[PDB]
**Q** 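A single structure is presented below for examination.
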Amino acid sequence: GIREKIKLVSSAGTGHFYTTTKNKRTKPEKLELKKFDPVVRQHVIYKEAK
Amino acid sequence: XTXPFXX
Amino acid sequence: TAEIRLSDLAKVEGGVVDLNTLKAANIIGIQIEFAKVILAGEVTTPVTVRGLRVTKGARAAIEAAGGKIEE
Amino acid sequence: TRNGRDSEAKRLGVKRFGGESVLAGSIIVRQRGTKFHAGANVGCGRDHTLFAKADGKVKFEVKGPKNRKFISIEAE
Amino acid sequence: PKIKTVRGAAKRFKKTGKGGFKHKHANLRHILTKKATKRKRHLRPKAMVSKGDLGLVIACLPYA
RNA sequence: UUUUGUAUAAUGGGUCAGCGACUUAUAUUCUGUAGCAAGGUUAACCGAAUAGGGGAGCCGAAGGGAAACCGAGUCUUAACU
RNA sequence: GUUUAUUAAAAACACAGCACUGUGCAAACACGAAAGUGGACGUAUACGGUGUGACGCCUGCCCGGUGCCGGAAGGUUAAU
RNA sequence: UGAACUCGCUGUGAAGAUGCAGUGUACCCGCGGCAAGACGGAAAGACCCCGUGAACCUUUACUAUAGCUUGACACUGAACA
RNA sequence: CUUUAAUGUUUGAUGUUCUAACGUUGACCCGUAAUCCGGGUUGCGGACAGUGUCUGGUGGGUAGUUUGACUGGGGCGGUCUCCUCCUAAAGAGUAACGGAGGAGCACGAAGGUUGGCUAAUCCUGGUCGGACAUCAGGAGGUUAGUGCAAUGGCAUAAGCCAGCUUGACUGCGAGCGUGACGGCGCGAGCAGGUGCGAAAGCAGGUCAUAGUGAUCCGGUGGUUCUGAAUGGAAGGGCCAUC
Ligand SMILES: CCN(CC)CCS(=O)(=O)[C@@H]1CCN2C(=O)c3coc(n3)CC(=O)C[C@H](O)/C=C(C)/C=C/CNC(=O)/C=C/[C@@H](C)[C@@H](C(C)C)OC(=O)[C@@H]12
Ligand SMILES: [Mg+2]
Ligand SMILES: [Mg+2]
Ligand SMILES: [Mg+2]
Ligand SMILES: [Mg+2]
Ligand SMILES: [Mg+2]
Ligand SMILES: [Mg+2]
Ligand SMILES: [Mg+2]
Ligand SMILES: [Mg+2]
Ligand SMILES: [Mg+2]
Ligand SMILES: [Mg+2]
Ligand SMILES: [Mg+2]
Ligand SMILES: [Mg+2]
Ligand SMILES: [Mg+2]
Ligand SMILES: [Mg+2]
Ligand SMILES: [Mg+2]
Ligand SMILES: [Mg+2]
Ligand SMILES: [Mg+2]
Ligand SMILES: [Mg+2]
Ligand SMILES: [Mg+2]
Ligand SMILES: [Mg+2]
Ligand SMILES: [Mg+2]
Ligand SMILES: [Mg+2]
Ligand SMILES: [Mg+2]
Ligand SMILES: [Mg+2]
Ligand SMILES: [Mg+2]
């Protein structure tokens, strides 16, 4: 079904992560977003995008 | 069991 | 692990509440290694509690009854 | 091409009629479009559910040059 | 002979203060990514067994 | 008897007599009843043997939490209006 | 010739004949956890299995599939 | 073989009536005969469907397995290229 | 390195013999007036064969089972979850092998917000240029558009474009809808922390309604909550996820 599951991991120490999908087959660039990290309790940067 | 009663 | 009532403790005979004593007075269980005293029931005679975790309540209750709580 | 299908009914409709006294947050209508629009003290959720925002009595109105149905919540 | 406990029930239901049963929600085990954060959040806390199910639960736990 | 429905041309019985189908054990809950009551009761055993002894135990007077643990509170959450 | 003893005697089974194929004998094969025994006191002009069914005139084309037979270099591949 | 004081017709009716309604007919009881009816007797329908029934039988259904076959180790040693 | 070639090391390996384990369903001797068996002698084989344990393959020979349900009998065909409309009798709901269709995805922008914008169709004119391409005007007034089926919505746009962006936030949640249940949906508001806006304010994904799979078992990360003498550890729990 093409679209593929990926995790966004917290740029902070905290091993926290969010979880989503993407069309690797067209948007191969890793995915970087600002998301709230509830361990540091601060909007930090999230990375990786499988 | 063999058609007519009782052949 | 067991819990003890203020209502007990005035019934160990030998105003000193500790594991083997409660046990003797048949209120906890021969194999209990740990016991707490809860704020349940009233406490009347003063009494001494040795080696037993004690809730805030129970402490007030016991201390008001002129008793001591020596961990 | 072979029929036979249909989908579970969605229990859409009016949940509280005019005059009904509701507590805040209470759904007044499950609708699909906005047959009714949120008026005073009435909210509009995603599916276009209209809900109450204050405790009061469900009022139905027709307001405006478009003549649109509105649901509001007056204090009792 | 003692009634025997449906041992799988005893791994899923716990009897509480007023005599009811708490139990874990269903749907937080996997296939998580698509489920709304809201949805999952209200599934975390435990819940009471329904009126219509106490018959069944209780049948499975004589010694609860 | 079974059926939506049987005088039914649907089932069973030739007739009489005797016999023939919801029990028993242990658990468990509930009702009723008796006892004692924040207590209630003892098992095996002992025995002066339906007595008496035996409180080992079990249930109940505390819950909340997965748990550590805290406790008339506890969990949830950094915290809860 | 045989057969459904008791609803089928037949065109069914057997049959001499034919063809394949297995078998070097402690045979193949078969009854047996085994010992032992049939095959056979036989030995490839023998013994087993399979099909076809006197005889006459004959029995063509196909080996992709499925079975079987042969192969050894690669590939894949068990316990160890 | 439930019990019978056991007729026809047309209707009706769990829908093919000696027994229901209407009506017709018929004095009581045998014997010899016939088989149109008593959905006549016999046998809890073999067809058909159903039961998360049974059994055999088949196969490139599943799962196992005797047998057959492969190697490793053991019984299993020695001396030479 | 493109690919070969000359000793090794041992190690098996294919190999050569030996005999002494082992086979002999050759001959002989004795127990024996015995085609068994045992011992002995010899001949022939020989570490092979064969057997035990482990192991791949084969294995209807045997065995145990499976081989769905709905259905105007059954079978064939078709159907089995979900979404939309009608049947549905102006609240909800409502059957048929009734009538018609669609889903099992997509999007990091096609999400958020601030600002801005407004179709379809027809006529007239206009290079290539045509019934229809792009341009201008008038009519028109949403008949357009909305990732997609239908329905209901949509101009204050939910339609269209740009900038800045990650609220497609984490913890919760008064109070409701809908379910036999499992569960599913709506939700203001609160706390932390965000983006857009001068501000009021908006944002907990997408106009809404399909786009889905319980539980067990297991994987990954986090987290000392647990830790069977003690300290650790395994394993378990808890949270995220597959
Ligand atoms: C050509 C004439 N035939 C056709 C097959 C008439 C019937 S038959 O004799 O051949 C045979 C027995 C009854 N059958 C019916 O079909 C049947 C149909 O309706 C009825 N029976 C109604 C009745 O007659 C019920 C009666 O009370 C009961 C009976 C007579 C059943 C007896 C049992 N016989 C069988 O089961 C035989 C079954 C096989 C032979 C089937 C074949 C189709 C396979 O035949 C019948 O059932 C046959
Ligand atoms: Mg005791
Ligand atoms: Mg989990
Ligand atoms: Mg009937
Ligand atoms: Mg009647
Ligand atoms: Mg009758
Ligand atoms: Mg009659
Ligand atoms: Mg009878
Ligand atoms: Mg015969
Ligand atoms: Mg004959
Ligand atoms: Mg031959
Ligand atoms: Mg023939
Ligand atoms: Mg009649
Ligand atoms: Mg008549
Ligand atoms: Mg007569
Ligand atoms: Mg029958
Ligand atoms: Mg039968
Ligand atoms: Mg079989
Ligand atoms: Mg069926
Ligand atoms: Mg309606
Ligand atoms: Mg209606
Ligand atoms: Mg859009
Ligand atoms: Mg705007
Ligand atoms: Mg033109
Ligand atoms: Mg240990
Ligand atoms: Mg230890």
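Lettering of chains follows the sequences in order, A, B, ..., and the numbering in each one begins at 1. Atoms within a ligand are numbered from 1 in the order they appear, just like the ligands themselves. Modified residues are rendered as parent or X, with their additional atoms omitted from contacts. A restricted portion of the entry is shown here, and the contact count covers that portion and nothing more. For this deposited structure, the header notes the method as X-ray crystallography, 2.8 Å. Just the heavy atoms: all of them, side chains too, but no hydrogens, waters or symmetry mates, feed the values below.
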**Q** Can you identify the drug molecule modeled at chain B?
**A**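 It is the drug quinupristin.
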**Q** Which drug does the model show at ligand 1?
**A**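 The name is dalfopristin.
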**Q** Specify the chief binding partner of quinupristin in this model, using its name in the PDB entry.
**A**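 Most contacts: 23S rRNA.
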**Q** With a 4.5 Å cut-off on heavy-atom distances, which other chains neighbour quinupristin?
**A**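 By heavy atoms, the other chains are G, H.
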